[PDB]
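Opening notes on dorzolamide bound to Carbonic anhydrase 2.
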Amino acid sequence: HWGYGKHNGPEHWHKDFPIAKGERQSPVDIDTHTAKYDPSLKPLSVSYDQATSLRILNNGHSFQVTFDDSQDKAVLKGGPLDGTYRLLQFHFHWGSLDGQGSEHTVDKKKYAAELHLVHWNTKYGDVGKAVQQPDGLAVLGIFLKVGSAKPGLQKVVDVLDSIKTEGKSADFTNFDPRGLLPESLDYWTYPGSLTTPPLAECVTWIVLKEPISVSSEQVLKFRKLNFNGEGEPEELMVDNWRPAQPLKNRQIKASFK
Ligand SMILES: CCN[C@H]1C[C@@H](C)S(=O)(=O)c2sc(S(N)(=O)=O)cc21
Ligand SMILES: [Zn+2]
């Protein structure tokens, strides 16, 4: 029922999910002059060497790649986190034009897209329990700007025509998510929420400072996906981003000066 259109988009979500007007909603604008450098923050530890991707699917809101999270194969540790978080899936948010598409903004600047790598805290046993806890999820957010092609993204781009419409999925094994990371792991972090329904306030956000570059031809392929199912009127899957929400009583911390 919810989506990103005029009649079911983010301005309507509160009617079904009242937490939309909550105290720790995401995304937010990162004001770089107001963020606080925190020397107590540790470097991120990203251990994706043993990642096992399974499937790629169009869920009607985005496309996502899912991973085997039945063991500690691909994990995120360190940074602002206590304990071990397992990689579950990644997905993107993007725009109709190159000047919009990211969810987070930096000094009000929007990027062409935003990549979310979603991880859940293993102390809670399964992702469903984790979403009910204030430290249940950690999402690594990476900005995409348009420039040179990202070789590590091309395998994803090449299969999108096979999942054009809602509900379509395909086998997507042996994909290495390390190919999507920037060089630097410097980051901002703040406590927030899922950016789609159910909008649960269960996420430690880790947003990387360094964007990755993708080519115009790569992003164009994202824009050819459909929100609709096969045999419904065609509606292009674009602008699947939630606008920035009020920071309220939160401080954004930076790992770097
Ligand atoms: C379409 C629903 N997506 C929801 C529910 C679960 C799928 S999830 O994996 O906990 C997750 S992560 C994000 S985001 N955009 O904050 O990273 C949204 C979602
Ligand atoms: Zn997302």
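Following the PDB entry, chain A residues are numbered 4-125, 127-261, in order. Whatever order the structure lists them in is the order used to number ligands and atoms, beginning at 1. Heavy-atom basis, side chains included; hydrogens, waters and symmetry copies ignored.
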Just curious, which ligands or chains go with dorzolamide? ligand 1
Closest protein heavy atom to atom 11 (C) of dorzolamide, given as residue, atom name and distance to 0.1 Å: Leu198 CD2, 3.8 Å
Number the atoms of dorzolamide from 1 as they appear, then name those within less than 4.0 Å of a heavy atom of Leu141, with their elements. 10 (O)
Which other ligands or ions, by number and name, fall under 4.0 Å from dorzolamide? ligand 2 (zinc ion)
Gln67 touching dorzolamide at heavy-atom level, < 4.0 angstrom: no
Enumerate the substrate-binding residues UniProt records for chain A that place a heavy atom under 4.0 Å from dorzolamide. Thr199, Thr200
Evaluate the 4.0 Å heavy atom contact test for atom 4 (C) of dorzolamide: does a protein atom fall under the cut-off? yes
Would you mind listing which atoms of dorzolamide come within a distance below 4.0 Å of any non-hydrogen atom of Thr200? 1 (C), 2 (C), 3 (N), 4 (C), 18 (C), 19 (C)
What is the overlap between the Zn(2+)-binding residues UniProt gives for chain A and the residues having a heavy atom closer than 4.0 Å to dorzolamide? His94, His96, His119
Taking a cutoff of less than 4.0 Å between a non-hydrogen atom of the residue and any ligand atom, is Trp209 in contact with dorzolamide? yes
Any N or O of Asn62 that comes nearer than 3.5 Å to an N or O of dorzolamide? no
Counting residues of chain A that contact dorzolamide, which UniProt domain comes out on top? Alpha-carbonic anhydrase
Could you tell me whether some N/O pair between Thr199 and dorzolamide is separated by less than 3.5 angstrom? yes
contact_flag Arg246 dorzolamide heavy-atom lt 4.0 Å: no
Report, in ascending order of atom number, the atoms of dorzolamide lying under 4.0 Å from any heavy atom of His119. 14 (S), 15 (N), 17 (O)
Okay, which residue that UniProt calls active site in chain A is closest to dorzolamide? And the heavy-atom distance, rounded to 1 Å, please. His64, 4 Å
Within dorzolamide, which atoms have a heavy atom of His96 less than 4.0 Å away? 15 (N)
Below 3.5 Å, N or O to N or O, backbone or side chain included: is there any such pair between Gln92 and dorzolamide? yes
I'd love to know the binding site of dorzolamide - heavy atoms within 4.0 Å, chain and number please. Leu91, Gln92, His94, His96, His119, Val121, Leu141, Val143, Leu198, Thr199, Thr200, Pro201, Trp209
